[PDB]
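Structure with TNG908 present.
So you know, we letter chains A, B, ... as the sequences are listed, proteins then strands, and number each from 1. Determined via X-ray crystallography, 2.4 Å. Counting starts at 1 for both ligands and their atoms, in listed order. Only heavy atoms go into these numbers, but all of them, side chains included; no hydrogens, no water, no symmetry mates.
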Amino acid sequence: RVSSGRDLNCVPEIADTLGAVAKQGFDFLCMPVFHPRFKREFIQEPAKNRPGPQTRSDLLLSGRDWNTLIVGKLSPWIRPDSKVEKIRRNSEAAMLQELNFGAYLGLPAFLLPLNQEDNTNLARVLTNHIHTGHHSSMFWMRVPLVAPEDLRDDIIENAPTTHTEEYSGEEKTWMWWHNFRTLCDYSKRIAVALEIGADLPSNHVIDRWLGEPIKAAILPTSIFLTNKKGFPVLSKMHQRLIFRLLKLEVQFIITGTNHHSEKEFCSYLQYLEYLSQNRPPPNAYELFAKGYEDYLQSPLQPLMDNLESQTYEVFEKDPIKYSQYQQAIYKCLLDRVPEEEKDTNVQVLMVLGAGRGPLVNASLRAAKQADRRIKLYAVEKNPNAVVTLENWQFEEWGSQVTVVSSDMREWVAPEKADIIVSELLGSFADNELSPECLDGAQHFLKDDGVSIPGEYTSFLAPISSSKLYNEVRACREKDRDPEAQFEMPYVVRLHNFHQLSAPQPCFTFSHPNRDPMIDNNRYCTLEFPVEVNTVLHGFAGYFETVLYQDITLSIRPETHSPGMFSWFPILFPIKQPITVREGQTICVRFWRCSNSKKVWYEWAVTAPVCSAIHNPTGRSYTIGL
Amino acid sequence: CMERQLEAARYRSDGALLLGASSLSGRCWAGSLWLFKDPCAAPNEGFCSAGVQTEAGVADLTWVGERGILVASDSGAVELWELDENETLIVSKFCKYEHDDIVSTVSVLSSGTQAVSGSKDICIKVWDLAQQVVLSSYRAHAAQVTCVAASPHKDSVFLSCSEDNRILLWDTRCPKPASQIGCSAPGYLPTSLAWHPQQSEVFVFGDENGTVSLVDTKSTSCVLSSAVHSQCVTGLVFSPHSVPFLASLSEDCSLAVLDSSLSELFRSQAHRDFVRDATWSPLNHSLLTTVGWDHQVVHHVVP
Ligand SMILES: Cc1cc(NC(=O)C(=O)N2C[C@@H](C)CC[C@@H]2c2ccc3scnc3c2)cnc1N
Ligand SMILES: CSC[C@H]1O[C@@H](n2cnc3c(N)ncnc32)[C@H](O)[C@@H]1O
Ligand SMILES: [Cl-]
Ligand SMILES: [Cl-]
Ligand SMILES: [Cl-]
Ligand SMILES: [Cl-]
Ligand SMILES: [Cl-]
Ligand SMILES: [Cl-]
């Protein structure tokens, strides 16, 4: 169920207040750490020398309570970007005082408002405070989904609400946040508290906040409608937004007074709980994937490195994937061996990269399903996995399966293969060097031999995620190029991001590749039409593969294989975010480069502005042959 | 006991002093209402006529006739306090939570049966003090409402100013009741509003820069202004005099009494914290009483 918080601007005494919101069922309380009306002077006498105390004592709650249950709020009179110098200098001193008192109490979060365009001085003070001792505390920037100026009632006679459409103008609230977080240099301690009004804007205004670090969603009591019974509820469009935020796994803050006087105040919260609780449980895939959401991992290199036993275990725990491989082989055997030849003709079947032999078992099931004879070879260069195969071979399989412990490009086969079955695909299809491996194994494939898969294609889509951009930025290591983290791909269950255009195909490979002049190097130019204002942070990578004829695997979102979690998407980031406004086309260039020892990718944005060429000479990232 | 920060100070027709107070620091952030038939005895608790504790602090206060006390609470409630038959007690008549943030300003309309409140929730509401309900709720402003001031004689007309830098004249007989005024260019934010007691269509507004301005709604022009205070002008109150004096309150911790041309006649540095409210004695029109966060009740003598 939901992790909820209460927002109050009136706390007569903290102990009774915190106890009350606890009974209501709130997990934390947002409150002022100084009385909101208690304006303080720091320069001009005599107000300067006001007798203390300046606020309530830290002894009123336990250290646990301050660390867990209390979220600080900046006093509303503090205006660091005032046009009046006196108010600026005083608000600067006031802001530091309240922030420093929050740090003193060890609060897990502190709320600061963005409710105008110019928050440059606010940013300067916050950035200075952030860079004064390494702390854990979060800063929730309170940003309205719609500016109060654009939400006001049309009741001013000589200043009417502009009924004319302004696409960029209706996104102004996002630009307030973007400018602020840019000034503060994408600090990981600065997140968004998105405040939602009674009237929701256009979808493009909401979609602007996809990929943004939203930690809180503020729901005023105003926006809640009333049913026949009298309980508070939300509109179908408001419910839609809650379900989008429940996926992002944000904390919900209730603000404003009780207007539904007849019923208890907990009713507001009980409704949010009802929404979240009445949702399809995760069950298969969803829960395993939920833990990995936006978790950056280095792509596996099963050729260069020997995979651990538990890495093969997760590969093996994908029944849909091996159901398909079985069906692909099942179909192929019926095509190659006529019914009358079933007892005479025995097909030579070679599993190239057998691991612990799930494809070996898939081959045996397919054979007796198809009612055809097969002679199995299990080729695996990982000698630790060969232990698993040879124990399988002695105990269960027998002579039928022949386990070969070597590289498929090196192995001298005693006979040629009718079918070769491989699993050498990464999240970007060819990023584990399936092409080079199957190319080297192609000599012991029969003149009319079949490769499973026979084809695979990589797909790229430009994405916006300030969240993921910041996670890549945090992967800076000592004893290497400070920007190396931006010049290498990551395998990540992409969650908090925004697809800016439909995925297009990048690189395709066919097997067998009978071409005399075999060159696995590639250069691909993709034109991505963008119909939204956004910021480009990288390119999401997927793949499709033809196992045999119509039997296919895909992690392409649009055509994704149902209930298959062997592969998460790949992410190709860029050093500098690129502004892309409505209508503009994103042009990305992708190279697949190689020498005798290494294979790598280079990539560059060429429109609407040029980026640097990423990973030149594979300096940051290489895939070992 | 009483709280340090004196917020409100208003004289009744019979010359009794009504004080509003808040605790803005310490353990408990509450409020209290006090009546003083002896105004010189104030602010001493032991020598008061009547006193009561409120759940939260009072941000603004006003009389409702002779026995009524309307309160702008931190809680977001507008609450009306009835005075005892014998004026020994102050009892709550209603407490309605209709604002979503602190109620910053209240003002009784000409009739005396209806009131208008301004809040940090950006909304202005019109109240029926008989039915104890909100007749109208307006979201005209784009930022927190600083001051609302009912016209002396017109029950459908009132002023409002906010941190969206708007000064709105209201007429609730129009389908679009708000009308934007102010000086030619976007000046410094308006902080205080006072209608002229005799001259209809004429009011004065103070800004956060310490300037007091005289404005005419008929001319809708910035006819006159003066740099009175060195900090934000938090209050403006006209005297009952035939040719009325204008008392201006500021966070510079000074009182300043001004003529019709906004020239400095009198000034007091008596307060050592912010000067919150000011009220003229109806018994002695020359006597002016101010209160501040220094817990002082200073009785001035204006020439
Ligand atoms: C069958 C197969 C499968 C894959 N699939 C993947 O690599 C993959 O997407 N994931 C993500 C998740 C499902 C856990 C396993 C694995 C992974 C990735 C990165 C690292 S870094 C340390 N552990 C790991 C695990 C790739 N190649 C082949 N051949
Ligand atoms: C099931 S993940 C792919 C498997 O193929 C194996 N593999 C990768 N490249 C080769 C190769 N050239 N020869 C043999 N096995 C390989 C890896 O060790 C892993 O077990
Ligand atoms: Cl302090
Ligand atoms: Cl929290
Ligand atoms: Cl975006
Ligand atoms: Cl394909
Ligand atoms: Cl290609
Ligand atoms: Cl090209």
query: Counting duplicates, which parts of the structure are TNG908?
result: ligand 1
query: Under the nomenclature of the PDB entry, which macromolecule has the greatest contact count with TNG908?
result: Protein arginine N-methyltransferase 5
- request: State which other chains have a non-hydrogen atom nearer than 4.0 Å to TNG908.
  value: A
message: I'd like to check which TNG908 atoms, numbered from 1 as shown, lie under 4.0 Å from a non-hydrogen atom of A:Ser298.
response: 19 (C), 20 (C), 21 (S)
- prompt: If you measure from each non-hydrogen atom of A:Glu423 to TNG908, which part falls under 4.0 Å: side chain, backbone, both or neither?
  reply: both
message: Is there a polar contact, in the sense of an N or O pair closer than 3.5 Å, between A:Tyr292 and TNG908?
response: no
- request: Using a strict cut-off of 4.0 Å, indicate which atoms of TNG908 neighbour a heavy atom of A:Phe565.
  value: 13 (C)
- request: Any atoms of TNG908 less than 4.0 Å from a non-hydrogen atom of A:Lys321? List them with their elements.
  value: 1 (C)
query: For chain A, which UniProt S-adenosyl-L-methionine-binding residues keep a heavy atom less than 4.0 Å from TNG908?
result: A:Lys321
query: Does TNG908 have an atom under 4.0 Å from some heavy atom of A:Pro302?
result: no
message: I need the atoms of TNG908 closer than 4.0 Å to a non-hydrogen atom of A:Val314, numbered in the order shown.
response: 15 (C)
- request: Specify the protein heavy atom at minimum distance from atom 1 (C) of TNG908: its residue, its atom name, and the distance to 0.1 Å.
  value: A:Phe315 CD2, 3.4 Å
- request: For atom 16 (C) of TNG908, grab the closest protein heavy atom and report residue, atom and distance to one decimal in Å.
  value: A:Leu300 CD1, 4.0 Å
query: Tell me, which protein residue and heavy-atom name are nearest atom 9 (O) of TNG908, and how many Å apart are they?
result: A:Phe568 N, 3.0 Å
field: Element-labelled atoms of TNG908 that are located less than 4.0 Å from some non-hydrogen atom of A:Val491
entry: 8 (C), 9 (O)
- request: State which residues of chain A, listed by UniProt as binding protein, have a non-hydrogen atom closer than 4.0 Å to TNG908.
  value: A:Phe315, A:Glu423, A:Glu432
- prompt: At what distance is the nearest protein heavy atom to atom 26 (C) of TNG908, and which residue and atom is it?
  reply: A:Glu432 OE2, 3.1 Å
query: Do any nitrogen or oxygen atoms of A:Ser566 lie less than 3.5 angstrom from nitrogen or oxygen atoms of TNG908?
result: yes
Other ligands or ions less than 4.0 Å from TNG908: ligand 2 (5'-deoxy-5'-methylthioadenosine)
task: Please confirm whether A:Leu425 comes under 4.0 Å of TNG908, counting heavy atoms of the residue only.
output: yes
query: To the nearest 0.1 Å, how far is atom 23 (N) of TNG908 from its closest protein heavy atom, and which atom is that?
result: A:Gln297 NE2, 3.7 Å
field: Numbered atoms of TNG908 (with element) below 4.0 Å of A:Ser427, judged on heavy atoms
entry: 9 (O)
query: Which UniProt domain of chain A is the main contact region for TNG908?
result: SAM-dependent MTase PRMT-type
task: Please list the residues near TNG908, using 4.0 Å as the heavy-atom limit.
output: A:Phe288, A:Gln297, A:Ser298, A:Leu300, A:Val314, A:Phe315, A:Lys321, A:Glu423, A:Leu425, A:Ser427, A:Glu432, A:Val491, A:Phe565, A:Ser566, A:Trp567, A:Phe568
